[PDB]
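Drug on board: halofuginone.
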Amino acid sequence: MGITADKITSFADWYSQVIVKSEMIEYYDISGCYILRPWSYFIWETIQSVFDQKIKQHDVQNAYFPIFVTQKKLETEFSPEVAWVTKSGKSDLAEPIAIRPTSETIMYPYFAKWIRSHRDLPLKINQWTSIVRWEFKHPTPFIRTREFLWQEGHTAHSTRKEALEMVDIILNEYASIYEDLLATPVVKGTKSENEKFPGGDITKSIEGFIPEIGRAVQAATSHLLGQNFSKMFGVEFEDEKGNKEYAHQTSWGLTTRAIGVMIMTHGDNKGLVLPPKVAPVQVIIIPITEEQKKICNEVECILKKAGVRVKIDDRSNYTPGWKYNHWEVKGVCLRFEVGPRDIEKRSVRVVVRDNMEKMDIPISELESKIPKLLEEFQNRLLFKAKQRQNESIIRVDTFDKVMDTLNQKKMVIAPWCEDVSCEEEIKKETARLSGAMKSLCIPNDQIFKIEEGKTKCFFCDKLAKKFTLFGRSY
Amino acid sequence: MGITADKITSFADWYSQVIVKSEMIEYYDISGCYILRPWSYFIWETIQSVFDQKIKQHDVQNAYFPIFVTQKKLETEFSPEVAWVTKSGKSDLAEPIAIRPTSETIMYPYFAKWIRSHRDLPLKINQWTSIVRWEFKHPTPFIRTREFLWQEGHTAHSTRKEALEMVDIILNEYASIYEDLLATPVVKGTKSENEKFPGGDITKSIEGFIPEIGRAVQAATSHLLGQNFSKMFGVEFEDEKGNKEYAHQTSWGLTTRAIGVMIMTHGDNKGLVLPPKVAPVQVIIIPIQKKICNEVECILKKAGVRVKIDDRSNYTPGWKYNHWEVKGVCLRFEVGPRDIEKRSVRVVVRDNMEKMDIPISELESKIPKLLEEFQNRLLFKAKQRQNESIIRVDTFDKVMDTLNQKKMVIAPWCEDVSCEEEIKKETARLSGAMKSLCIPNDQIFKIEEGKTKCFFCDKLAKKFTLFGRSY
Ligand SMILES: Nc1ncnc2c1ncn2[C@@H]1O[C@H](COP(=O)(O)OP(=O)(O)NP(=O)(O)O)[C@@H](O)[C@H]1O
Ligand SMILES: Nc1ncnc2c1ncn2[C@@H]1O[C@H](COP(=O)(O)OP(=O)(O)NP(=O)(O)O)[C@@H](O)[C@H]1O
Ligand SMILES: O=C(C[C@H]1NCCC[C@@H]1O)Cn1cnc2cc(Br)c(Cl)cc2c1=O
Ligand SMILES: O=C(C[C@H]1NCCC[C@@H]1O)Cn1cnc2cc(Br)c(Cl)cc2c1=O
Ligand SMILES: [Zn+2]
Ligand SMILES: [Zn+2]
């Protein structure tokens with residue numbers, strides 16, 4: 001089978017067939033829960049190892065804290081989306097316990113106990129875990145699940161300056177995970193006061209955007225918590241002159257959401273298209289079997305010494321047409337066809353997945369040439385998704401064009417006053433008129449200028465502080 | 001602070017002090033749940049990566065299935081020990097859902113759907129996860145916890161031969177994790193009918209033993225499930241001539257218990273002793289000059305060795321010596337003026353207290369080599385202690401005396417279920433219970449075919465079996 005829904009006009013059906021026929025996902029009989037079959041789980045394992053290697057270079061250490069937390073401890077800080085354990089076997093528990101929705105209330109009482117002097121700082125912890133949250137919005141594979149996988153990092157420092165720089169380091173690593181690994185463009189910025197994590201001072205984030213349906217997605221985040229939680233839990237150290245001070249904290253997380261943004265970004269009407277740095281198989285060799293079976297395996301050896309993941313499909317019970325569609329659906333980058341005249345010429349017929357480009361390549365040039373085609377594919381995918389991200393951002397300086405452009409499926413960049421009240425009104429109005437539009441982020445990179453004391457909010461009557469990105473959110 | 005309990009006369013207090021002062025573990029306020037701080041989590045990560053690479057050579061693929069299961073699906077195949085979610089926020093759920101205690105009932109309905117033809121076999125799946133089980137027995141860190149981490153492997157094959165080959169391959173990799181990585185001796189064998197996993201036909205395992213308290217522990221396990229589960233869930237394939245048959249299944253798992261067994265095996269009255277293949281830090285460099293410390297260091301990183309300097313002014317050399325000893329660092333380098341003058345390092349070796357002077361010029365070559373020697377020494381001594389703890393008995397008479405010397409018993413046995421049941425009752429009354437641990441693969445001792453009798457029952461013995469008190 002092939003894909004029978006169109007990406008642009010039947011997106012939901014398209015996304016569903018693509019993740020099921022590729023064997024990325026299976027649907028389960030508890031709503032919002034999804035099985036990650038090997039084909040998608042390989043992508044998560046790759047993300048794990050690249051990010052892990054990065055944080056190790058800034059001395060983050062891995063640990064594992066428990067999945068349960070008591071209500072006493074959870075209700076020190078959100079509650080209707082928490083799952084509670086009340087029973088073991090048939091008999092009621094004397095008091096209920098919560099499955100972990102995040103680890104602050106599990107971890108921080110122990111930070112208080114371990115930290116006594118500036119010499120115990122910095123303290124940098126990370127754990128890879130699963131998380132449960134009882135979502136009220138409708139679920140969607142990867143993007144919004146009841147159980148998801150993530151890492152959560154939690155640091156403590158002696159100055160604000162050192163904590164803020166760790167916030168920024170992590171935010172850059174996250175951007176690199178999306179751009180360099182997943183070939184998915186993202187926009188770095190700061191969250192408005194209405195949209196930030198309420199238990200912290202600042203929240204930075206990366207935003208991405210699915211152009212076929214007009215919706216922004218928050219792709220990862222990184223908080224300067226400051227002294228908010230350190231006062232709340234008693235996290236304090238003796239400085240050099242004997243004086244107790246409250247530590248300056250950060251936290252940050254990234255989830256399997258990443259995998260879904262990537263699929264929705266690169267996929268087409270024939271199936272998955274995958275970045276070669278995360279594709280479980282990059283090259284599949286299909287012979288049209290006598291001296292064929294010797295040339296196939298020579299080609300395999302060559303690619304394997306070179307570091308390329310390659311398989312041969314030499315099954316007798318399938319048409320070459322069937323095979324072509326099977327590996328296309330699974331997003332294999334390169335497809336080598338090997339028949340009689342390919343043997344006769346000592347060369348391989350190549351078809352490139354994302355563009356349908358055909359090429360013949362002598363065998364003695366494979367060692368050099370294939371690694372280099374894979375680097376080109378990786379760069380072409382990021383370059384195209386970025387151009388489409390740019391086509392989707394429209395500058396507006398007043399309210400009158402907004403609704404026209406949200407209905408073309410776009411994001412808005414607009415000068416803005418950043419007040420909470422202003423944001424709440426924008427929301428009410430856009431909803432009424434359509435569905436609501438919210439602030440996504442204030443981009444770190446301001447490609448457009450504020451004339452000092454002349455430029456107005458695009459909505460309120462006040463003066464603008466900066467330009468800000470707005471749109472409808474997944 | 002150092003260790004103020006004796007391993008032999010105060011084992012419980014000893015084990016607790018060692019894992020807390022080492023900074024491996026922190027106690028938490030829900031019983032049976034323990035935090036794994038980086039010093040112990042590093043050892044789990046190492047286990048993960050070594051086992052992962054091995055199973056990949058036999059084509060096992062990793063996946064991740066959900067944590068929840070419906071009571072409908074769970075009660076197709078152990079009731080009082082499962083944890084139930086009944087509420088989100090303040091509102092009751094329509095129906096309760098179980099946190100995963102094992103994954104058969106989560107995985108196998110999907111195996112039934114994916115498997116149609118012999119061309120879809122073998123199917124080989126592994127997942128790394130956490131598990132919850134509401135234990136009734138008293139908890140102990142690593143050994144028996146409410147939440148634990150593990151891998152669970154689940155396979156399906158078109159013949160029993162191939163499924164059994166896979167059971168044995170896994171059992172050998174588990175033996176190798178304990179022996180080659182953790183320097184901890186284990187005994188391979190087959191579980192008795194009374195002790196095997198009821199859902200399957202055969203269960204193999206490795207058993208460890210802690211000589212200081214006289215108790216066996218089951219270290220990992222591996223089942224030939226045969227066709228029992230395939231019939232229960234409908235896992236069938238068509239052969240080459242169109243005939244439907246039920247697939248032949250295996251499963252196997254290993255948990256964070258491994259870390260506990262290793263700790264209890266090698267640790268002494270000064271603290272952790274760690275196999276160098278899993279020590280988070282292998283060499284600590286302590287100065288009593290700084291160009292010379294950083295030189296030794298560089299030499300050791302190019303060589304592939306995990307090394308740190310402790311150059312803190314506010315602590316005495318004797319405080320540092322204890323600190324890194326408690327934490328089980330293999331090799332301690334002392335660098336004073338005397339040492340600096342001679343272009344040599346004073347070395348102190350953690351398990352034997354042995355002292356050496358090594359020239360800086362010889363470090364590239366000689367430190368790896370010490371670390372291999374230390375790794376082998378640890379396994380060698382634990383093996384000798386395992387042998388002293390195993391006594392041949394041919395009748396019931398010396399059994400109790402032998403259990404009360406903190407030992408295991410190897411004995412001729414008939415292998416009946418009713419025989420084992422009675423052995424349990426009697427040894428309990430008389431002390432608590434002894435049960436069968438395994439029937440070793442390796443049968444040192446010989447059966448007189450026709451003449452040799454059960455040591456307890458009056459029937460004929462099938463072969464020699466290992467019995468003892470279990471953790
Ligand atoms: N249900 C979910 N499924 C998958 N990923 C999620 C889910 N909820 C949040 N995420 C991701 O987790 C990252 C950080 O989590 P967190 O900041 O706690 O989320 P949040 O505040 O609830 N934001 P959001 O869930 O997007 O409204 C987010 O930036 C999302 O990319
Ligand atoms: N509570 C626990 N905590 C940690 N590890 C455990 C626990 N229970 C079992 N294990 C380990 O998990 C492995 C797989 O065990 P499993 O198939 O569940 O058998 P079991 O009958 O539950 N074992 P046991 O707890 O010794 O009676 C065993 O070989 C044990 O080493
Ligand atoms: O989860 C967070 C804040 C941060 N925690 C560390 C990892 C990165 C993450 O952004 C915000 N958050 C999000 N969702 C939640 C859902 C529930 Br239910 C609860 Cl109780 C609490 C929360 C809650 O605190
Ligand atoms: O967990 C098992 C059998 C195997 N499952 C796959 C990994 C290896 C493991 O040995 C046996 N077992 C053990 N403990 C259990 C506890 C509960 Br509670 C339940 Cl419901 C079920 C079980 C249960 O089935
Ligand atoms: Zn305004
Ligand atoms: Zn008998």
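Each chain gets a letter, A, B and so on, in the order the sequences are listed, and its residues count up from 1. Header entry for method reads X-ray crystallography, 2.5 Å. For the numbers below, each heavy atom of this structure counts, side chains included, while hydrogens, waters and symmetry mates do not. Remember, it's 1-based here, ligands and their atoms both numbered in the order they're listed.
- For halofuginone, every matching ligand or chain, copies included, can be listed as ligands 3 and 4.
- Counting heavy-atom pairs under 4.5 Å, the chain with the most contacts to halofuginone (ligand 3) is listed in the PDB entry as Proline-tRNA synthetase class II aaRS (Ybak RNA binding domain plus tRNA synthetase).
- Contact chains for halofuginone (ligand 3) (heavy atom under 4.0 Å, other chains only): A.
- Residue A/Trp150 places a heavy atom less than 4.0 Å from halofuginone (ligand 3).
- Here the shortest heavy-atom distance to atom 4 (C) of halofuginone (ligand 3), taken over A/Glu152, A/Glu104, A/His154, belongs to A/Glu104.
- Between A/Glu81 and halofuginone (ligand 3), not a single N/O pair is under 3.5 Å apart.
- With a 4.0 Å heavy-atom cut-off, halofuginone (ligand 3) is reached by the backbone of A/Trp252 but not by any atom from C-beta on.
- Binding site of halofuginone (ligand 3) at 4.0 Å, heavy atoms: A/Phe78, A/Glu81, A/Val82, A/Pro101, A/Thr102, A/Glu104, A/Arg133, A/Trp150, A/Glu152, A/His154, A/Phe197, A/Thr221, A/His223, A/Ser251, A/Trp252, A/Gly253.
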